[PDB]
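Quick look: imatinib on Proto-oncogene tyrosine-protein kinase Src.
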Amino acid sequence: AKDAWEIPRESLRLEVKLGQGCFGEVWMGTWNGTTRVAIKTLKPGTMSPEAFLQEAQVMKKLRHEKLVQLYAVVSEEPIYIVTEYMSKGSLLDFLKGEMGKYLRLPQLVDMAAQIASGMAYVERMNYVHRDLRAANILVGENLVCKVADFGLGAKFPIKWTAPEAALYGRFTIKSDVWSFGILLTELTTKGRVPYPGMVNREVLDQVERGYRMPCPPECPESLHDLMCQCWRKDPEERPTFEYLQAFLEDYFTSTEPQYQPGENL
Ligand SMILES: Cc1ccc(NC(=O)c2ccc(CN3CCN(C)CC3)cc2)cc1Nc1nccc(-c2cccnc2)n1
């Protein structure tokens, strides 16, 4: 009964409450009085410990510079899960906030490449995300982006979920690629909700019949084409994250070498 990830309760200090749920809370804090960190709590009773510590177990095996890193854990109720802190918050909040007005296509595509890199790691390790979207991406200094999962049948983010997954429960790394496509629209519209003006029911009927969001204003058609590849009716058709990462990293030389800054992108 000795785990290296275990830390003493006295070493943690919850300073600012960041959110709540029926299962627990999230806070910004300090570890060992030197490291700022994010802290997730388990509300006693609501959910079973082991069902909760499952996540921490997964995070113990995953390690990549573009994936939120598990720092420590307090495995005996009340349980605490500790990770690195990301100075700029969710990508979604960053995108629509004061910073959103200054971000241009070169920055937004670099952020996508990083997310793609994080997802390419998830892909190589054979895991599935199931809720990839801007609200689950964290932003740090110098625009570093990392994939996370705030755990935000039950609530279904239909607008971000591939049809085969939202209808028939088939969640795979390919349904995540579909989500990445949607994420690219959030990036190019500065965090706007996808399928504007459409409720879940119509989004389901529409995509079902082949509908796909059009090219966002000032967004090069070549990037919209990437989105469409991500939204291919057939999972296998969809590109891999390894492909997506390389395509985005090389984007301004191989695909859009004549790129010129506009008003918003
Ligand atoms: C405190 C904590 C506890 C757990 C996690 N967990 C994850 O981010 C995560 C990422 C990937 C997986 C992999 N998993 C594979 C299987 N499929 C089905 C689900 C995903 C699991 C958990 C993050 C955090 N960090 C966190 N949580 C909420 C908000 C913030 C935060 C807010 C503002 C600034 N900086 C950080 N930080």
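Note that chain A carries the PDB entry numbering, so the residues on display, from first to last, are 256-407, 421-533. Start at 1 and go down the list; that is how both ligands and their atoms are numbered.
- Imatinib, all copies counted: located at ligand 1.
- Residue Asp386 does not touch imatinib (ligand 1), judged by heavy-atom distances below 4.0 Å.
- Closest to atom 31 (C) of imatinib (ligand 1), if we only count protein heavy atoms, is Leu393 CD2, 3.9 Å.
- Within the 4.0 Å heavy-atom criterion, both parts of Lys295, backbone and side chain, lie near imatinib (ligand 1).
- Checked against a 3.5 angstrom limit, the closest N/O atoms of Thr338 and imatinib (ligand 1) fall inside it.
- Residue contacts with imatinib (ligand 1): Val383 is placed with a nitrogen or oxygen under 3.5 Å of a nitrogen or oxygen of the ligand (distance criterion only).
- Listed in the PDB entry as the source organism of chain A is Gallus gallus.
- Proximity of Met314 to imatinib (ligand 1), defined as any heavy-atom pair under 4.0 Å, is confined to the side chain (atoms from C-beta onward).
- Distances between N or O atoms of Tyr340 and those of imatinib (ligand 1) include no value under 3.5 Å.
- Of the protein's non-hydrogen atoms, the one nearest atom 14 (N) of imatinib (ligand 1) is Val313 CG1, 4.2 Å.
- Below 3.5 Å of separation, one finds an N or O of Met341 facing an N or O of imatinib (ligand 1).
- Close approach of imatinib (ligand 1) to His384 is summarised as follows: ligand atoms under 4.0 Å from at least one heavy atom of the residue are 17 (N), 18 (C), 19 (C).
- Ranking protein heavy atoms by distance to atom 10 (C) of imatinib (ligand 1), first place goes to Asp404 N, 3.5 Å.
- Neither the backbone nor the side chain of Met283 comes within 4.0 Å of imatinib (ligand 1), counting heavy atoms alone.
- Neither the backbone nor the side chain of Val337 comes within 4.0 Å of imatinib (ligand 1), counting heavy atoms alone.
- Chain A: most residues in contact with imatinib (ligand 1) are in UniProt domain Protein kinase.
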